[PDB]
Amino acid sequence: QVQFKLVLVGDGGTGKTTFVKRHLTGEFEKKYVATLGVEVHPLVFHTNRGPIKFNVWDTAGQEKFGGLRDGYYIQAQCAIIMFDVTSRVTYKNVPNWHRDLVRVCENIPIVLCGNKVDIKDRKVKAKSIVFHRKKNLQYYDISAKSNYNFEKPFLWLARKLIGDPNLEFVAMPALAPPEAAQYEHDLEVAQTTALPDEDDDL
Amino acid sequence: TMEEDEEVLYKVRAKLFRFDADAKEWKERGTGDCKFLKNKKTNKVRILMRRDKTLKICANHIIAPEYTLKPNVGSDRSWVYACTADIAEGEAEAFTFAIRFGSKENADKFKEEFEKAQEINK
Amino acid sequence: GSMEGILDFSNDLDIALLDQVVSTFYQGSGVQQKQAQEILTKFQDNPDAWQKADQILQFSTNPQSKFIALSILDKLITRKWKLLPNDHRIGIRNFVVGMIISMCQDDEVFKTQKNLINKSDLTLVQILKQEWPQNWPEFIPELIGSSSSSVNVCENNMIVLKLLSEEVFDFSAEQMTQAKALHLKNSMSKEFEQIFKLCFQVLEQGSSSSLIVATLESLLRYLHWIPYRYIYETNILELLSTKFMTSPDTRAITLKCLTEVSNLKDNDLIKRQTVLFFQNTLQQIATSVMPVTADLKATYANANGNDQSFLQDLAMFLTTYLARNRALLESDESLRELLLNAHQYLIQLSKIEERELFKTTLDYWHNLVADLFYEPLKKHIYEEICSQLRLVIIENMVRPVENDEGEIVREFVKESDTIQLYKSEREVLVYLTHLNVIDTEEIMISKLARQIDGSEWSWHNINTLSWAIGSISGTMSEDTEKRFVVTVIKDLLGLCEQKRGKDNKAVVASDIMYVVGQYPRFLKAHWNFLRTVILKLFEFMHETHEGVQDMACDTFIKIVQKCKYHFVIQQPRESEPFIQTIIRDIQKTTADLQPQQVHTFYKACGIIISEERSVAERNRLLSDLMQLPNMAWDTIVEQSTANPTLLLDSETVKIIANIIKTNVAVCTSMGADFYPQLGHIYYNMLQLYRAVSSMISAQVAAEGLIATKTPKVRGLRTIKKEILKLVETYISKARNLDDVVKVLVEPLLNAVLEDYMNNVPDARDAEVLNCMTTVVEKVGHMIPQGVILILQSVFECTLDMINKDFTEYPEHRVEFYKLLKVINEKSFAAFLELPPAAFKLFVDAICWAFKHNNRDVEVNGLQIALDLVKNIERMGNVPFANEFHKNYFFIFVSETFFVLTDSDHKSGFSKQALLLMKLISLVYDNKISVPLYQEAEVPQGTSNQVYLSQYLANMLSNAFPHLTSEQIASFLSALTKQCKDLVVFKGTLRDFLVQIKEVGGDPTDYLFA
Ligand SMILES: Nc1nc2c(ncn2[C@@H]2O[C@H](COP(=O)(O)OP(=O)(O)NP(=O)(O)O)[C@@H](O)[C@H]2O)c(=O)[nH]1
Ligand SMILES: O=C(CCn1cnc(-c2cc(C(F)(F)F)cc(C(F)(F)F)c2)n1)NNc1cnccn1
Ligand SMILES: [Mg+2]
């Protein structure tokens, strides 16, 4: 099986776990429950070069919850460094995270992501984001909330890891699908629980 | 893709939710094109829906005639229904789905197409 | 479980069991991996786990186990080193040193366990930060001597020195006190001449590529700080720019080294060497890597080996050097080929498809063309470069936000990430156009002719060209612009009459709309053509074309914002000002638009009407414009004034919301001129607000809180929110404040305040607070009793909503503190009127705001406290100010200290420090009149300065008991002395934040200033 260890680092509350959960289940988690150490999630994308599986090590950004810290980076084959464009301090800390990461992983593809561009009051201005240049990191504006560019970090990493610049995500095969006591209860509860974000476009 | 011997009866942009009964909250499962697909060999109509930009399947189940579209208290542009065999994520699993559209008119169009597909499947 | 045995420290540590849990964590999966993770973290967190590090590093079979042991040592060294007995310090040192030595003498271990060796080197560096040089003076001389005994030791000593340099010069500012940073920097500086000796001899002598790379990696770090003589008075620049450019293993790091040299700090010899290493470097690229004609776009796209990173690094080197030094290349005719060849590589790099790399080259081009714009006699040097650059930018123009069609000739989401790139492309292209307007026009006209009668027709050939044409508007003087635009428009009109189909039409229509929208000066001078454009946009408002219809609305208001005057005057050969023609047809013109687009249309009409300064004529135009919504309004207030059930018609709720949204739109652009229309609806509008509010409360009562999520109640609350938005919008722009106070404010407060107060929390609209903020902001000084009523109705009930967690009711949270801020600013007397219990809640609410991580709340809370301290100080020596200080001075001091030190509110450091400095300075200026202590507590006549120091010493002693008394006293003495110099004050606070993270911080550190 083709599988790659990916470490995700960044200040607490930048949206690392929300971003991964979006890719895992499609959900958007509004609550902030801080990661305790690391959570490991397998994540598969289908490409024209076959399936690619990322073992995503979603590490804690809060220092008091940091766990093994750089011990998580051992044998990572790629990485995402996350910050929050509404919080300047999280960009200020990007060189520290990068420092600790490349001391363990000296030659891996790394994506820098500025998350939460859906928020109107942006604080880390586009023109300010230059740290990736001397460090050969790929950069993307992203929003786990709006899905803006949300596929880009994984598409770029897969291209670098497979060694194919023409790699593309492709549509999964769609098998033909198969052809009342607890149900009326659950349906009632579901009808009477309001859908979230009723003001969104969808 | 396994969609080559199927005809596109209906397509609409939508957002799909799944009900987490334990957490008592709706969770998004995917945003993209919801398609009603009729199999040229069996004449059976399925819902098949894929996420934008990852193209991952978030709905794959027969539009069974036993299903009923019901309103959600918070929306005039959504439908709720119980699905007993969705294979988007592997083995067939039962879900309570909600699907929301860009407008009430799209939601009402989805409903009549959903019911017509149910008659085809008979 | 079996794996938790390693957590029992009474028994000896089973190293085999440790290794199994570690392997389970790294190479396992699922539940077992998660269990092992939690065990390993508990093991690492054990405060005596370090005592087992030697046993793991000696007996373990698993390098990850040894890594984890080294992480445990790192925490001990960095946080508790000076608490250890001296024998344990020496033992840890000798033990780390000897482990590094043995890994480097074993060729097999040195080659396979780089991860563990690097972590060991960094661990040693942590020891150095604690022990060197004062308790290790011979470290550098011994390192240098041991280097010549083994290639492996020598190479690893370069890694240690690299890490030490990073820790001392690159990452010290936030991890060490100012004093300790200076000590370690001075120490490295005093011994660098020896270090450089070894580094230069390795580079000139060595052949081991791995040793050379490591030496060069360490040199990269040194270049951040070493004196320039080490770089220019040696032969090292020749080695970097020739030898180490030829081999690809050293080329990457050498190029990065030469980029930093292009940043080191009248000497004609130095200029010659700066020219020379550049010439050497470019010669090596041309002969060893690729010639200047090479297709780097293709090479990058292929992405072989490290080609992408090398091209990135080459762009950085060339842009960095040329931005600083191209003047050295510009006068000497013998250097002209070098100057242009370097810029030709940059042209080739600018053709690569890589957004972030393009921004890097574009930044350089901006730097260049802005210098050619001003510097005499320079632009002619770069004529051919600039001509090629015009082509590159015109062909890589990104979408200009206003263009709403894409891909399949459809609409979407906004391309948020391209806004800045377009602006940067526009900036350079505008400069390039000024540099040679003939060349730019010739290029654009020619591309355009080959769109029509040419082999180049496509989308993104018409698109990127149309966007470039629009983007240069203003670069030509008016007469040249006139001829250019006439040519472009005819030819775009040619393309649209002949390309047919949904897709073609949408593409060309968007391009024409963008261009004409970008040339309002041309429109102002040709009224007859402006008319035809406006009428064409009205046609497009009936387009089934998704995309085109929305863009026509945006283009209409974009044009009106610039050309409004020509709609308000009466044009020659017209029967009427054109604003009249628009208004008379507004039902038909907008008939097929969506409501938000209708409101945009009305907003644009209001822009035009406000140009009319004859008040009688303006008000008549406003009445004419609002004729349809007012007649709908009159009818609906007639119907729903007898059947509050009809107000439960969803259709009727949408109509009302849209009527008010229309008023909001016109008010936005008309501002103070909107008042006559506001007065037409005001009384009935507030009656409707009350009626709608009764319905919402009734629905919540009959259906439960869930009713607030239903479409009906959301629609009813939309009415209330838009009514609040309309009033806020007018009052924020009002010029006659007397009418605001005497006509608007009393009915508004009657309508909204008790409804807010008397609704359940989930039914309260945060927009009430937002409206009240503007009310207070504009006329608060004229309504002191009205501000009191606002506080009475919203203060305590909103505070109770938001004071149980930091997450619930986030909008109420943000608007709450904006309201308190403006009241504290503008009508502070209102807080003086509060009963003591409520004033105590006010202080609680302010400190509560402190503890938010939400910047939208934290910043206002810190500001409120500062303004409040100032408000109190302005009162002078009066009973209320004396009581305030006795009750709340130390509450503000301690709460401010708490968020300064808890590591969870670093985003507010600067304003926390400002507030703390203000508080302390109050006492050391004796601006507080009464004793801050109780009569018992301390001797009579004890100064508040003495008591404050006493209070703070006690506070910090109990909050940070690992500090020594002398650390605390030295800290406070420095802090107090510095309460008039914010930058020094802040450095002392930062020194304190470092010291509380460890044991045994030097109290003399606080003398740094
Ligand atoms: N508006 C917005 N909110 C987001 C976005 N992404 C994440 N969030 C929100 O930010 C908060 C933090 O979520 P989380 O994923 O736990 O961040 P984290 O980096 O994992 N924190 P930690 O490192 O401590 O575990 C959540 O409330 C989440 O809803 C986003 O893209 N937009
Ligand atoms: O005839 C055209 C020509 C195509 N065409 C596209 N766009 C345009 C166009 C757009 C603008 C706008 F303001 F919108 F930017 C202004 C102007 C003009 F210069 F005339 F003032 C023209 N013309 N289109 N419509 C129809 C209708 N029936 C049959 C065929 N085509
Ligand atoms: Mg997390």
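Within every chain, numbering begins at 1; the chains are lettered A, B, ... in the order of the sequence lines, protein sequences first and strands thereafter. Whatever order the structure lists ligands and atoms in, that order sets their numbers, starting from 1.
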Drug name for ligand 2 = selinexor (bound form)
Going by the PDB entry, what is the chain that binds selinexor (bound form, ligand 2) with the most atom pairs under 4.5 Å called?
-> Exportin-1
State which other chains have a non-hydrogen atom nearer than 4.0 Å to selinexor (bound form, ligand 2).
-> C
If you measure from each non-hydrogen atom of C/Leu492 to selinexor (bound form, ligand 2), which part falls under 4.0 Å: side chain, backbone, both or neither?
-> neither
4.0 Å heavy-atom contact, C/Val508 with selinexor (bound form, ligand 2) = no
Among the heavy atoms of C/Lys505, does any lie under 4.0 Å from an atom of selinexor (bound form, ligand 2)?
-> yes
State whether the shortest distance between N or O atoms of C/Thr532 and N or O atoms of selinexor (bound form, ligand 2) falls below 3.5 angstrom.
-> no
Close-contact set for selinexor (bound form, ligand 2) against C/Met513 heavy atoms, below 4.0 Å | 12 (C), 14 (F), 15 (F)
At a non-hydrogen distance cut-off of under 4.0 Å, which region of C/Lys536 contacts selinexor (bound form, ligand 2) (side chain, backbone, both, or neither)?
-> side chain
Element-labelled atoms of selinexor (bound form, ligand 2) that are located less than 4.0 Å from some non-hydrogen atom of C/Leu537 | 12 (C), 13 (F), 14 (F)
Which selinexor (bound form, ligand 2) atoms does C/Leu493 reach within 4.0 Å, using its non-hydrogen atoms?
-> 19 (F), 22 (C), 23 (N)
Atoms in selinexor (bound form, ligand 2) with a heavy atom of C/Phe540 nearer than 4.0 Å = 7 (N), 10 (C), 14 (F)
Would you check whether C/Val533 reaches within less than 4.0 Å of selinexor (bound form, ligand 2), judged by its heavy atoms?
-> yes
Shortest reach to atom 4 (C) of selinexor (bound form, ligand 2) by a heavy atom, considering only C/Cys496, C/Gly517, C/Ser510 | C/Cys496
Which neighbouring residues and nucleotides define the binding site of selinexor (bound form, ligand 2) at 4.0 Å (non-hydrogen atoms)?
-> C/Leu493, C/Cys496, C/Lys505, C/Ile512, C/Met513, C/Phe529, C/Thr532, C/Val533, C/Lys536, C/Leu537, C/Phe540
